[PDB]
Amino acid sequence: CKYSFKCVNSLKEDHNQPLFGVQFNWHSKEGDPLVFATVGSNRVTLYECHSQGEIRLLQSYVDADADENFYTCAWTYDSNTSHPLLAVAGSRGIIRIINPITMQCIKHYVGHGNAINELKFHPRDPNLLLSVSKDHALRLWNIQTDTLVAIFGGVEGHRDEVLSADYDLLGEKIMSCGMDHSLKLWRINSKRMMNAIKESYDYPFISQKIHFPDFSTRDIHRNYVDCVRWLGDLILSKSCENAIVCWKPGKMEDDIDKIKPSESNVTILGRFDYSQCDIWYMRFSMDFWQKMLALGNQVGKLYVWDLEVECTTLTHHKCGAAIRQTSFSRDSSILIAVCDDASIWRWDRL
Amino acid sequence: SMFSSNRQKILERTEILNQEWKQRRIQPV
Ligand SMILES: Cc1ncccc1-c1cnc(NCc2c(F)ccc3c2CCO3)n2cnnc12
Ligand SMILES: [Cl-]
Ligand SMILES: [Cl-]
Ligand SMILES: [Cl-]
């Protein structure tokens, strides 16, 4: 693999609880310092990367609920003020919108009847936040008008906890996955969904109840699916078989936008193999340009693959705890890994 | 090729997002 990295720094957060999420803020402009957020226990912490491997603590948000366990975070910006914003959620099933400048909660949303496993902002509209939950549903929120745009679930929705979801590059569709072993497609560029999004801006507000997905498959994995990401028109997803599967709906030649909801075929194109990563709740990530794929394992190894090849293994002798998530900086110069023992590892690209 | 065509879609779409990002001036944290 042509990609090489050097471990330049590490630290441990003093709460000693597992860190389940890490995200660089890809909205920061060129010239501004690289910043990332970590989430775990009832805390959200921000750090700035500086020269000579420096990981500078900025500040932390501690939830008033000592029993809250944050599982995910996502960055966005306020379209009216250009200020950054950070959304966080976890076991309480409450979405908190944090102002990262003050590290204070500015507003919150309730509605999910259980824990939230993932949050994702739409790539084109910074106000559209997607949440996925243990209640078997996905929810799309408009954080400018404080409205629940849509609930994806019901008759043909997920039948068990939803663990992951991702928008495609242009924000026309979502793929979700979970404990029912299924991967489901939800088109948000449908005339129904585009109009519902427009109505949420005009705005109690009546949410769309989307009971039926635009595609569904249980034929990629034979167990829970805990992470899914688009790779162009293709999909990457993982279960507990020490492999990330690259696949697509329909037959080899089928166009993603011509797939009918009743499509019964799937095409498996290949697998990215690894080892010692068969426990649940382990996420893989890609850089902005989708040239690198990264995944940590249960014994602290960090795998990196070059996606422009039709594997580099990053190890440090003191990094031995499970790596729950990783994040690349927008320019791919830094890769951060966070672990079960509250440790953070900084790897700089050579 | 399946790989070459999908890479081209990724390249075109990431360039669209990168141009949208270049036009923005989000305040630093
Ligand atoms: C409490 C707890 N103790 C011990 C181990 C794990 C968990 C836990 C973590 N994370 C989530 N969800 C977020 C989530 C996910 F959904 C899919 C993949 C993934 C993550 C974080 C890293 O990779 N949990 C949900 N219920 N328990 C959890
Ligand atoms: Cl993010
Ligand atoms: Cl419906
Ligand atoms: Cl599998």
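Order of sequence lines = order of chain letters (A, B, ...). Using the numbering of the PDB entry, the residues shown for chain A are 78-280, 288-394, 401-440, in order. Numbering, chain B: per the PDB entry, residues 40-68 in sequence. The deposited model was determined using X-ray crystallography, 1.6 Å. Read the numbers this way: they start at 1 and go in the same order the structure lists the ligands and their atoms.
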In this entry, what is the main binding partner of ligand 1, named as in UniProt?
Polycomb protein EED
Drug listed at ligand 1
MAK683
By chain letter, what other chains have any heavy atom closer than 4.0 Å to MAK683?
A
Would you tell me which option among A:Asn194, A:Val99, A:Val209, A:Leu96 has the nearest heavy-atom contact to atom 13 (C) of MAK683?
A:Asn194
What atoms of MAK683 come closer than 4.0 angstrom to any heavy atom of A:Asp310?
17 (C), 18 (C)
Considering only protein heavy atoms, which is closest to atom 22 (C) of MAK683, and at what distance to one decimal place?
A:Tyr365 O, 3.3 Å
When you look for heavy atoms under 4.0 Å from MAK683, do you find them on the side chain of A:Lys211, its backbone, both, or neither?
side chain
Give the residue, atom name and distance (to 0.1 Å) of the protein heavy atom nearest atom 5 (C) of MAK683.
A:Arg414 NH2, 3.8 Å
Would you please determine whether A:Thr149 falls within less than 4.0 Å of MAK683 on a heavy-atom basis?
no
For atom 21 (C) of MAK683, what's the nearest protein heavy-atom neighbour? Residue, atom name and distance, please.
A:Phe97 O, 3.4 Å
Note the single closest protein heavy atom to atom 14 (C) of MAK683, along with its residue, its atom name and the distance in Å.
A:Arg367 NH2, 3.3 Å
Work out whether the distance between some heavy atom of A:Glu195 and some atom of MAK683 is less than 4.0 Å.
no
So which heavy atom in the protein is nearest atom 1 (C) of MAK683, and how far is it from that ligand atom?
A:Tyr148 OH, 3.6 Å
Check MAK683 against A:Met366 and write out every atom of the ligand that is under 4.0 Å from a heavy-atom position of the residue.
18 (C), 19 (C), 23 (O)
Write out the binding site of MAK683 as chain and residue number, heavy atoms closer than 4.0 Å.
A:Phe97, A:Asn146, A:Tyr148, A:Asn194, A:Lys211, A:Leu240, A:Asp310, A:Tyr365, A:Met366, A:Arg367, A:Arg414
